[PDB]
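Drug GC376 (bound form) bound to macromolecule PEDV main protease.
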Protein chains: 2
Amino acid sequence: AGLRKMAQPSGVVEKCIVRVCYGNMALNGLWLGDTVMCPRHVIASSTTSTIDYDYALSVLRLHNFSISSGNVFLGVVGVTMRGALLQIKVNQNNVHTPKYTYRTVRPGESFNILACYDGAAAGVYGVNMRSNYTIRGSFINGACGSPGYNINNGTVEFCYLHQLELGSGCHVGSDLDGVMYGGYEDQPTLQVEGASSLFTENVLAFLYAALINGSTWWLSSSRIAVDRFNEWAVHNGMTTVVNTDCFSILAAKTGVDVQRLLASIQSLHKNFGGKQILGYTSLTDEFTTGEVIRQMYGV
Amino acid sequence: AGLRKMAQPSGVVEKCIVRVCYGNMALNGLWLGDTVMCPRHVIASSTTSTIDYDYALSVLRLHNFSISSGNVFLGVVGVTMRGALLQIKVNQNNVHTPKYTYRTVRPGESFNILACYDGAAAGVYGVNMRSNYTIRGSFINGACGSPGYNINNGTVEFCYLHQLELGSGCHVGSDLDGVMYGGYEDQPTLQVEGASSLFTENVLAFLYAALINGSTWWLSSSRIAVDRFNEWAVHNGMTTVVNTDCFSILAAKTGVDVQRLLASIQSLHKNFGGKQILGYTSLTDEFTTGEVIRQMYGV
Ligand SMILES: *[C@H](O)[C@H](C[C@@H]1CCNC1=O)NC(=O)[C@H](CC(C)C)NC(=O)OCc1ccccc1
Ligand SMILES: *[C@H](O)[C@H](C[C@@H]1CCNC1=O)NC(=O)[C@H](CC(C)C)NC(=O)OCc1ccccc1
């Protein structure tokens, strides 16, 4: 019993973290095979104005990099621009490289953050990509380059490298192709986050978890159809429901259909805060159907 | 920016997990040196009526154990009772044993859980020991023997091995000395959790984190002496405050003294009136001052 937001174990990723320094900047990189990937703002000069990154690369000198795995320093052979990342070729292969892939995550999907400082892992926690392509992380100065990952059947799927914090305190990365999530710029100029909405398909998963754990006080007797709910959602800070086949096994185990949970969601919006669900805010959207099925029933 | 309940990286503990099977029982053990520690109910022939564990040990057949680290099987040399644990001497030293200590945690303290099934880590999350010596876990069948840990200066401090779930779904372990937290029994008979109170010093830490992250709408201009607050606390489900030295740094960073936060707690203890603080709709006691200082300022 219980429901907790968990991270997948971090050991296989920990041995891939390096410290990457250039000039006055220091952040983290991801060392796989004979390449280190890191946010390109490590080569930028200090300025609140816009950075011409092609110019910064044109004046770069390879001997000004300092890249280290612990107290072992890696020699730099070359550098390539990769979107908002640098691909740095080094003279040593990481013998602890796991089997890995890259994958760009989509809104509402969960993954794991390995928060790193000075080229070493400090903390690990699960996150969920919001509708405005930000995550609700915890990062302070020095965290850039911290990776996000999922572990799928022995292969590490890398999906995020940390890049910046917005004025609201939420967090933005790029994928490992160098594409910034949400299209935000890797620039120091002021940008404000897009509007954020609760991810309704994840709220549905959370409410099924609550039923399985014996929480029913919030359950409506009424029903509302998916498309009518979706019309209400986009005026009330919630995302539309697109996928429902994923709920079939949860509806079968609990005896409760999606239309009943959608009506419950509308009512919870009306006395919002009056009571928690399993000790959480009643409209919690950080859990996916997959995470719930794993925690309730196993892998 | 941000505040997240996070775990310390799990890599050094993952290499210590083994699968321990006996008869119809399957759980997890902790392999350090040439010893495997696991909950002694692995040798119980029921978990349904009161168990004479000394008898169970006296009729044990060493060969009926199956202990494995991945696909490496460990030979059992002998078995000793250690409180609510078995101390199993095995024929191989774990070469990946980290530097480690044991320590029994106290109410209000945080640590990390590595949830394990079939002798392998599946998830990691942070917890905080309640005043009734239970934790807010997520565990299903097969999780017993999952360890709790902290890491300090590269030394692993083991403080918990998972033992049982109480009727309400909260979770109980033993320390690595074999002493059950809270004096609960490692017996299948009926047990109910004791009364629980919110840990006020942790609620204070959370409100300081909220201030550092720009959440101030709830902050009282009024204040209340620690004396007066403690009279209210014991009739309102909260612990008394005696240590305020742990807030000196946070009060200096924010300019807000403890007495104003105590008045705010009184106002917020019933509800947040429909608003949120760092995403919460009710007070949380899961964060210590140490976690908050680390996440806001590093170390
Ligand atoms: C890389 O370590 C850093 C991570 C930030 C630092 C504070 N919390 C974080 O997550 N990223 C940057 O400093 C980034 C560099 C740009 C060239 C992309 N800029 C940034 O995040 O500053 C925006 C900001 C505004 C207001 C408060 C805090 C940060
Ligand atoms: C060890 O794997 C197991 C972990 C429980 C199982 C369900 N969630 C857990 O944390 N511990 C026990 O099964 C324990 C055995 C002692 C009483 C000897 N008994 C227990 O936890 O209460 C029984 C129970 C079983 C299944 C669900 C809820 C309670």
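Chain letters run alphabetically, one per sequence line, in listed order. Note that chain A carries the PDB entry numbering, so the residues on display, from first to last, are 1-299. Chain B uses the PDB entry numbers throughout; the residues present, in order, are 1-299. Method of determination (from the header): X-ray crystallography, 1.6 Å. Just so you know, ligand 1 is whichever comes first in the structure, and atom 1 is the first atom listed for that ligand.
In this structure, every copy of GC376 (bound form) sits at ligands 1 and 2.
Other chains having non-hydrogen atoms less than 4.0 Å from GC376 (bound form, ligand 1): A. Residues with a heavy atom within 4.0 Å of GC376 (bound form, ligand 1): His41(A), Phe139(A), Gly142(A), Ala143(A), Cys144(A), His162(A), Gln163(A), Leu164(A), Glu165(A), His171(A), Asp186(A), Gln187(A). Of the protein's non-hydrogen atoms, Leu164(A) CB, 4.1 Å is the one closest to atom 19 (N) of GC376 (bound form, ligand 1). Taking any N or O of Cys144(A), backbone or side chain, at least one lies under 3.5 Å from an N or O belonging to GC376 (bound form, ligand 1).
Listed by number with element, the atoms of GC376 (bound form, ligand 1) under 4.0 Å from a non-hydrogen atom of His171(A) are 10 (O). According to the deposition, the covalent link from GC376 (bound form, ligand 1) ends at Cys144(A) SG. Using a 4.0 Å cut-off to heavy atoms of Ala143(A), the atoms of GC376 (bound form, ligand 1) that qualify are 2 (O). In summary, the atoms of GC376 (bound form, ligand 1) found under 4.0 Å from a heavy atom of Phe139(A), numbered by their order in the structure, are 8 (N), 10 (O). Between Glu165(A) and GC376 (bound form, ligand 1), at least one N/O pair is under 3.5 Å apart. GC376 (bound form, ligand 1) has no nitrogen or oxygen under 3.5 angstrom from a nitrogen or oxygen of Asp186(A). Considering both main-chain and side-chain atoms, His162(A) comes within under 3.5 Å of GC376 (bound form, ligand 1) through a nitrogen or oxygen pair. For atom 13 (O) of GC376 (bound form, ligand 1), no protein heavy-atom neighbour is present inside the 4.0 Å cut-off. Distances below 4.0 Å separate heavy atoms of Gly142(A) from the following atoms of GC376 (bound form, ligand 1): 2 (O).
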